[PDB]
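Lettering follows sequence order; numbering is per chain, from 1. Non-standard residues take their parent's letter or X, and their extra atoms are not counted toward contacts. What you see below is based on every heavy atom in this structure, not just the backbone, and it leaves out hydrogens, waters and symmetry mates. The structure has been trimmed to a portion of the entry, and contacts are counted only among what remains.
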Amino acid sequence: XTXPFXX
Amino acid sequence: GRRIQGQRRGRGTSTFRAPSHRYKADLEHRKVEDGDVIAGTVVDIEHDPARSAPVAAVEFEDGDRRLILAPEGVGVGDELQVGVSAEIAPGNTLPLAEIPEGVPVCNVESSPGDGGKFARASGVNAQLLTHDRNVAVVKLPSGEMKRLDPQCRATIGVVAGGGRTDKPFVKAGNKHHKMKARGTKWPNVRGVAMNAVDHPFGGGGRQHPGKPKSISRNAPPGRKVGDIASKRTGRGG
RNA sequence: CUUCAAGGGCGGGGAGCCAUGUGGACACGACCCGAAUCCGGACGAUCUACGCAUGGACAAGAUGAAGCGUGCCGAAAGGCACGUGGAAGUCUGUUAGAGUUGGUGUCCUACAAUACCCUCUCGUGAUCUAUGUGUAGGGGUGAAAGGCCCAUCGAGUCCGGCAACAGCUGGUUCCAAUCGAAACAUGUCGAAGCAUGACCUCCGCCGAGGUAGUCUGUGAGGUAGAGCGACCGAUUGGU
RNA sequence: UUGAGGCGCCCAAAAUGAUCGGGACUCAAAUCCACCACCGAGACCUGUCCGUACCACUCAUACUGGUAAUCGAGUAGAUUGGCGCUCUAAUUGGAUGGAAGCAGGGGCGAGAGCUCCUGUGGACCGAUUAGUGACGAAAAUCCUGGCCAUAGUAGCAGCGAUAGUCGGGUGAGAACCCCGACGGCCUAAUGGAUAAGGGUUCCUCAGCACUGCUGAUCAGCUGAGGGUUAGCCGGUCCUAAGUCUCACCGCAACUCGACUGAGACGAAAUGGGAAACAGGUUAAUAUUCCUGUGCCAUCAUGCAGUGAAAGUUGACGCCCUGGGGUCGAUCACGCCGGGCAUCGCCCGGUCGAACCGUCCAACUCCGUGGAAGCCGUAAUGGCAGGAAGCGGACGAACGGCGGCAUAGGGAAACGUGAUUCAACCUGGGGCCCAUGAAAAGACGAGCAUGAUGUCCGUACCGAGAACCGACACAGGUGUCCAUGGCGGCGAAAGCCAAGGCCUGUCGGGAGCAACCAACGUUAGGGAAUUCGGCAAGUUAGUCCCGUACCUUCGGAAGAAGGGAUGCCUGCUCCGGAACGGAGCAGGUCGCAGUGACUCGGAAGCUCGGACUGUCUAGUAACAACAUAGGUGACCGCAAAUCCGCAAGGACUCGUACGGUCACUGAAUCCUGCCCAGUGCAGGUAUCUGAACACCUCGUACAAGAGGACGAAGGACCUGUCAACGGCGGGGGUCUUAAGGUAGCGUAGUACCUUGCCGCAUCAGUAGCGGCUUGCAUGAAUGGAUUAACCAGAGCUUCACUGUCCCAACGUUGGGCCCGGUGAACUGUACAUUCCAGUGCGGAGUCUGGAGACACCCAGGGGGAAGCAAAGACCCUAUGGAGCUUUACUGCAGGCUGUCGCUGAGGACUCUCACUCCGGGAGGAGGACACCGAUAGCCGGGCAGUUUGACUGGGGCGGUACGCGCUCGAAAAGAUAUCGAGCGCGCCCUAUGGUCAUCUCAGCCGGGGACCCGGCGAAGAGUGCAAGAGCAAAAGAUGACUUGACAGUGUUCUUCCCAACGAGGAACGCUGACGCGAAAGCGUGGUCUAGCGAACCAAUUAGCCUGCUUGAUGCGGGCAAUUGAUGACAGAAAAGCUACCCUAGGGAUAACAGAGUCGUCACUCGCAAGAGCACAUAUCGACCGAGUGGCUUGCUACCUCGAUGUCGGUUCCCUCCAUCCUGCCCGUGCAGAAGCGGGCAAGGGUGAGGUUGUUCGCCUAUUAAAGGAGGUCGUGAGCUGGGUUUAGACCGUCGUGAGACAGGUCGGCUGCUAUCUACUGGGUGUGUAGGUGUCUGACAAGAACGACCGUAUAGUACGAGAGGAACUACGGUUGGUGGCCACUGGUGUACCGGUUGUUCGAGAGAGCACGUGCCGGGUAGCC
Ligand SMILES: [Cl-]
Ligand SMILES: [Cl-]
Ligand SMILES: [Cl-]
Ligand SMILES: [Cl-]
Ligand SMILES: [Cl-]
Ligand SMILES: [K+]
Ligand SMILES: [Mg+2]
Ligand SMILES: [Mg+2]
Ligand SMILES: [Mg+2]
Ligand SMILES: [Mg+2]
Ligand SMILES: [Mg+2]
Ligand SMILES: [Mg+2]
Ligand SMILES: [Mg+2]
Ligand SMILES: [Mg+2]
Ligand SMILES: [Mg+2]
Ligand SMILES: [Mg+2]
Ligand SMILES: [Mg+2]
Ligand SMILES: [Mg+2]
Ligand SMILES: [Mg+2]
Ligand SMILES: [Mg+2]
Ligand SMILES: [Mg+2]
Ligand SMILES: [Mg+2]
Ligand SMILES: [Mg+2]
Ligand SMILES: [Mg+2]
Ligand SMILES: [Mg+2]
Ligand SMILES: [Mg+2]
Ligand SMILES: [Mg+2]
Ligand SMILES: [Mg+2]
Ligand SMILES: [Mg+2]
Ligand SMILES: [Mg+2]
Ligand SMILES: [Mg+2]
Ligand SMILES: [Mg+2]
Ligand SMILES: [Mg+2]
Ligand SMILES: [Mg+2]
Ligand SMILES: [Mg+2]
Ligand SMILES: [Mg+2]
Ligand SMILES: [Mg+2]
Ligand SMILES: [Mg+2]
Ligand SMILES: [Mg+2]
Ligand SMILES: [Mg+2]
Ligand SMILES: [Mg+2]
Ligand SMILES: [Mg+2]
Ligand SMILES: [Mg+2]
Ligand SMILES: [Mg+2]
Ligand SMILES: [Mg+2]
Ligand SMILES: [Mg+2]
Ligand SMILES: [Mg+2]
Ligand SMILES: [Mg+2]
Ligand SMILES: [Mg+2]
Ligand SMILES: [Mg+2]
Ligand SMILES: [Mg+2]
Ligand SMILES: [Mg+2]
Ligand SMILES: [Mg+2]
Ligand SMILES: [Mg+2]
Ligand SMILES: [Mg+2]
Ligand SMILES: [Mg+2]
Ligand SMILES: [Mg+2]
Ligand SMILES: [Mg+2]
Ligand SMILES: [Mg+2]
Ligand SMILES: [Mg+2]
Ligand SMILES: [Mg+2]
Ligand SMILES: [Mg+2]
Ligand SMILES: [Mg+2]
Ligand SMILES: [Mg+2]
Ligand SMILES: [Mg+2]
Ligand SMILES: [Mg+2]
Ligand SMILES: [Mg+2]
Ligand SMILES: [Mg+2]
Ligand SMILES: [Mg+2]
Ligand SMILES: [Mg+2]
Ligand SMILES: [Mg+2]
Ligand SMILES: [Mg+2]
Ligand SMILES: [Mg+2]
Ligand SMILES: [Mg+2]
Ligand SMILES: [Mg+2]
Ligand code: NA
Ligand code: NA
Ligand code: NA
Ligand code: NA
Ligand code: NA
Ligand code: NA
Ligand code: NA
Ligand code: NA
Ligand code: NA
Ligand code: NA
Ligand code: NA
Ligand code: NA
Ligand code: NA
Ligand code: NA
Ligand code: NA
Ligand code: NA
Ligand code: NA
Ligand code: NA
Ligand code: NA
Ligand code: NA
Ligand code: NA
Ligand code: NA
Ligand code: NA
Ligand code: NA
Ligand code: NA
Ligand code: NA
Ligand code: NA
Ligand code: NA
Ligand code: NA
Ligand code: NA
Ligand code: NA
Ligand code: NA
Ligand code: NA
Ligand code: NA
């Protein structure tokens, strides 16, 4: 939810 | 949105209250049936936390010990007087009627007997100008001509501690300490720096008010911010 | 009934009412589950934010402000030198304590639902900290990041309203026989949906024709092709 | 010579392994013309049966017979007969001679299902008929339970706390329970005392089923007992912030609510406070019990005393500092006890309270004295208003001294002095825009004796096992011990006591492999690495010398740079002295003297923010927030601002030097112009402006209509920009007010852009400087600039270095084997795959081939679009929420008029209600204000919502959203696209209607007007698109007329077929008319566009109707006309979200795949042209034909219950359209150097500077430094610079939220490998007892590629300049395999030096992180 999974 | 800061204020919570429990004395003129025979001796000179100015302790003839809004030049030993016949010297309190015109006065009553209302901050002073069987004209420190009952009592001299505003605070820490002795929330965040939800000026991609800063007097609390009922703004013209 | 008038609308030569099974419709939870809400009353400041009350904490060293002193110079104002003094949101500092920059290291079914190691910042102040106390949910608190208010925050938590609503995804349990589609038209805040038609099926009625094929006859037609000294408009040249 | 045909050839390049399905085929197993015989479906024929339909018989849908060439497939769905389950009823049965259920098995039915046998079971169970219903499961990431694989697998290692070993004890059993020894670990804690919290965890005995990361005899576990003793320690009492209760008031009301009054509560470490010490004692308590001794309070008695309440105390901030002084620590010497054994050292002890008595320095004061310059301090200071000195009053310690004490304690001695001095005592100075509690209580206020002193707490833990965190959790959690020794500045490191511990609790084994975590050392080079020096390294302590620019004069600054540094001998100086400090001379060891440890790398340029400070608890610490400072606004306090529904409240114990509301953000130089719009405010003749009252009309009243007056507000006018904001185009004004001033400028703002020039580098999308026309800089939306400051962004230099060339060796913990313990993730099924193909276009399973004996160990992770998450992106839904606004609608609030309270005599007086000030007397105010009610205005402060659809995704654009014409449309009708051409939302009283008269365009001839004749089927005209119609007219002229009429229909259309409204049209009727002789024509315009529901209102004519009833008023209704919804079959309606949320969609976009190939790349055909002549050495237009699948674009097939991004990296395979290398052809080929082409993929194709870049630019090397495919190969491999979350800034846009195909700083990389795959290693089976040696089907290789030099030769060639070759040699580079004599690295084997500390010294050792550091280094590995 912040780009790369899950950053 | 959410109530703006000015709205949390009214609720009178801790953060917004003055540390009253740390205040010394509700400075108010003494009462005298009449005669004026009252007078006491200055016993000490203390620091008044509520006004960041000195106040004088006094013991009266009828053994009454109370703190007094001290004018300048009042030292220990001095003898003050409070009454219609009180002498016309600095420190004495008497009805404007008995005070000679042109004399600097402080701690003036609005209604006779209220114990003083006007001119009580560091170094300020009112000015008795006109006498009358009816009205005593006093020029308050704001420069306004106030029409008062010649029966309103007032102290002769200017308030002590004058010139306190001449030295800058220099550092946040000095404000901090002073602020902590008043009924005020500090520091201050500008609306423009908040979210739209928190203040009418909040939001945007950059910081700026979203409307003209001058608000109508008839505006509801929650929306009345910025320049309240400004008759004009700026320094020009 | 409308109506000078006329013409139209509705109705008329006795079949209903009740019961039982069953098909279907509407309201209700309405075949079942499925989600983000919204509203009410309550319970939370043992976490955390801010304030207040009462206590506690900061090895050691560095720099050396004002003030003061002695000496020299000066008419004086003062100046210079040395010393004294010990100021500071001051410096160094894994003192205690507080913080959390990099390693994008270790860990990542962890020791741990935020840890470990090294590195790094502050460390007499707008300081750090214990305990007590205040502020409560469209409300607090906020040096403001929509941060925080007990692993919960662009509106906490609990229970209730509540079986919320959805045209959206998923699922809906025994055997056989007959018939057997529509993926289209009209309307629609309608296009992931409906309604009305087309089309599928079932029932009652009617009672002798029907017409998917071919031929012929009486009619409708300007597409292919063709052609333009037949319109029209394009489109070569020569005497 | 030429025409035609058949087959073939050339043209003809692609990525793991070639293909026609394969093998393979050549007078065919190819192709073409004929021909022959066969194979081959469930089709067709045929036997029997079944169902369905129909016929005959029949009550029958029971039989029996018959017909089907014209019956037999089927999703959704309609219809119908039947099977099974529960319980009820009727009728009727079975069961202990064995019911139901269950397991295995037999028979029947198409089947649901029925039934029988056997075993089990041991008490119920059916059938038929009619009923009944919480009646049938393979599915829902379905629910609950159980279970398998996973797997004897991960974890029981990682933490600066690496901990044990040998004997022995107990025991059934011992690695971990106990004793000893040896060895270690903890030092503000791993020790001691405690708060909270826990709550019996404490002690004892007995145990091991549970718990304990293994075991256990042990235990915080199980069981049973036991254990906490107070006048003098806490609680209790007091009061703090503040809380509650009652009263009062409010509220519809309360368990609600502010004030006021009274009362109570509110502190156990850590606020205030009457009083206790020492020893002894238990398994467990202890200032509690016991012994000794002491003290306090109250009361009683007695004596004294009449004092007695004023005052003092309780009782207080921050910084600096002196004096007094105890413990401790250390020094000297004596005594007691121990240790050591070459010396003479080293360790421990040497005690003793509360209390009672007594002493008193500081401070203050008194007398004396009499200083005119002295006294005094660390410092400040002091004085004729009386200094020193002297004398004296008051007056301190938890201190000294005496007692206490032939008490206690010690085996003994049972000391004395000193220094520095925590505790404790007492002074001096400095700071505040900060002023640093209160109350109870004590004192003041004697003494003796006696009595009384209850109630509650008291165990234990207090943490890497007793607390919170689900756990015996590496996390979190307050106070006191801060004075143990060496060390040193130190509460620092390191080492060591006291005390604690070996429980940060699983072990055993392999020189112990790969691989991984922490880490040491690496030669030469030295940032070449990389986004970036990330990571690591360098430096370092103290003293001396010395120190730039700049600067706010403080600073910069430890700038920088240089030197010194140990031990030993003897000394000097400072001081009272230290076991304090500063130096001198001489001697002397090492590679090294802050020898370990502790311990800065340095310099410069630019950007930002002034500074310290604040922040996203859990990806952002920043430039963001704050700040002082600057400015503006509001307000005289019965205020401004703000909270409450009210009663009431904060600000405020406050008062303009105040405090509220905002903006800007230290200093420095400055801050231009604009008031047009918007906002705020002031004014206002006039205009506009509600309700009440008032006037008129209306109504026996009323509704209602109008008038007059007119508040705030608006119009209008003015003021105002440090108020929102603005500062251009054009010319030598225009919009809309002004038209960019100082400055700054390619900016964190500049698209073009890597701008141009310079610096710097071999090379510099970087950085800096200058220029600068600025896509789209600029003045408190602050501009410029700036010393200091900074875990902030960029860049340069010296130093340094395993970041890199290029890796090696080593150390510790794992890893691996063994004992014990023992999970989870995941699983439709099958599964030894590979190359291709196919398929919903991204297959282990389909198709064809190839390969393939089974099982097991280890590995790194290629594939299973691996595991994990119902995609956050995108669209969609008449979904959600937060936010905005001049969106829609409302609600608070403010302003204002009016009514009530409310009174006397469009302006005015008064006092009596009411308000306010005042203790009161009384003063101010006053019918106002407040309050209740209403009206107008302002009113995102707040609430609810809306903000449409179509669409080669969506948005923007458009409207193909209601209509008409031609074409599309395939000669009936119907027919789509954001298909092609293009129109309609009217106009017309004549441009309608009829009748009469008449014939038009155009051309020709005669006197572009008019007139005459002729030709003239239609090209004219007919209102408007288009298409169609029309000539004695539908056109023209003239005249007359109003049918553009009322009423009501039929039919078609709208909507083909085929339902659907309004609307339209065609054709009638009835009535009334116009014109004409009349037939007849006129239901508007020649035909097809010109249109609008319900409700509501107005309007037309007549009638019906309103609650017992008459009259009047005012309503309700039948018929119809008009008013608009163009989103046109009708809602009243704006946005943002990156803070986001949900339902879904591959129904729809981004990425990748797939199709296409316009684009892109490459080729070919023709060959104009030029190349001095010469197309074809070379270059080569136009046009034409193609191949590829790298670019772009298109499409929307695949995936939205996720197939992880770009670039880079590492590692493997491939393609040829070939850059180099080999072999060749041509040449505008003399040679040398080239230019072009051919075969050819074996090998090679490298290193760097800017940039995240791919791309590209640049430098130097080179034989050359080719291009491309592999999910734009490669995130269960890495990296994370860019795109693209949450924070922030700038520019632009926007009213605003906020946006951007703009820029910029910051910003968390998950998983234990089941299968398959490969690299290597084993165990089995097959060939069918053994040893040794071979063979070689096939398999792999690049095992070798390339360059320089010499001789050839200064030769051939050439005018010369210049300048080869074959061959033979030497060497280099890259790659490859192996090896260690040599060189080099390592080498925590080893030997030595040496710092700190401990064992007394010596000797000899331990620790300093897994070597303290330093120096050398064998084998082995490299
Ligand atoms: Cl202030
Ligand atoms: Cl059946
Ligand atoms: Cl206690
Ligand atoms: Cl002193
Ligand atoms: Cl090179
Ligand atoms: K997808
Ligand atoms: Mg997100
Ligand atoms: Mg007061
Ligand atoms: Mg405060
Ligand atoms: Mg601020
Ligand atoms: Mg913000
Ligand atoms: Mg708002
Ligand atoms: Mg700003
Ligand atoms: Mg709603
Ligand atoms: Mg708390
Ligand atoms: Mg000094
Ligand atoms: Mg500091
Ligand atoms: Mg520090
Ligand atoms: Mg935000
Ligand atoms: Mg069936
Ligand atoms: Mg059947
Ligand atoms: Mg044709
Ligand atoms: Mg069938
Ligand atoms: Mg029966
Ligand atoms: Mg199913
Ligand atoms: Mg496994
Ligand atoms: Mg060890
Ligand atoms: Mg035991
Ligand atoms: Mg125990
Ligand atoms: Mg109490
Ligand atoms: Mg206490
Ligand atoms: Mg005990
Ligand atoms: Mg105890
Ligand atoms: Mg443990
Ligand atoms: Mg090296
Ligand atoms: Mg580089
Ligand atoms: Mg590189
Ligand atoms: Mg670093
Ligand atoms: Mg001396
Ligand atoms: Mg820049
Ligand atoms: Mg800063
Ligand atoms: Mg964070
Ligand atoms: Mg930071
Ligand atoms: Mg951070
Ligand atoms: Mg300010
Ligand atoms: Mg700022
Ligand atoms: Mg430049
Ligand atoms: Mg300005
Ligand atoms: Mg601003
Ligand atoms: Mg989804
Ligand atoms: Mg989105
Ligand atoms: Mg919404
Ligand atoms: Mg009052
Ligand atoms: Mg709103
Ligand atoms: Mg749409
Ligand atoms: Mg047709
Ligand atoms: Mg007509
Ligand atoms: Mg309407
Ligand atoms: Mg009308
Ligand atoms: Mg419509
Ligand atoms: Mg329609
Ligand atoms: Mg979602
Ligand atoms: Mg699709
Ligand atoms: Mg994958
Ligand atoms: Mg080739
Ligand atoms: Mg090859
Ligand atoms: Mg890729
Ligand atoms: Mg590649
Ligand atoms: Mg991968
Ligand atoms: Mg990954
Ligand atoms: Mg992994
Ligand atoms: Mg990044
Ligand atoms: Mg970046
Ligand atoms: Mg970035
Ligand atoms: Mg060691
Ligand atoms: Na804003
Ligand atoms: Na809702
Ligand atoms: Na709290
Ligand atoms: Na000085
Ligand atoms: Na950290
Ligand atoms: Na809420
Ligand atoms: Na509920
Ligand atoms: Na719904
Ligand atoms: Na729908
Ligand atoms: Na369809
Ligand atoms: Na539709
Ligand atoms: Na027929
Ligand atoms: Na044709
Ligand atoms: Na069916
Ligand atoms: Na004493
Ligand atoms: Na020491
Ligand atoms: Na153990
Ligand atoms: Na600081
Ligand atoms: Na203006
Ligand atoms: Na204006
Ligand atoms: Na500007
Ligand atoms: Na800082
Ligand atoms: Na290394
Ligand atoms: Na794999
Ligand atoms: Na939201
Ligand atoms: Na709408
Ligand atoms: Na019609
Ligand atoms: Na092609
Ligand atoms: Na999927
Ligand atoms: Na990549
Ligand atoms: Na090759
Ligand atoms: Na991929
Ligand atoms: Na990548
Ligand atoms: Na990753």
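- The name recorded for the drug at chain A is quinupristin.
- In this PDB structure, the PDB entry names the chief binding partner of quinupristin (chain A) as 23S ribosomal RNA.
- Within the structure, the other chains placing a heavy atom under 4.5 Å from quinupristin (chain A) are, by letter, D.
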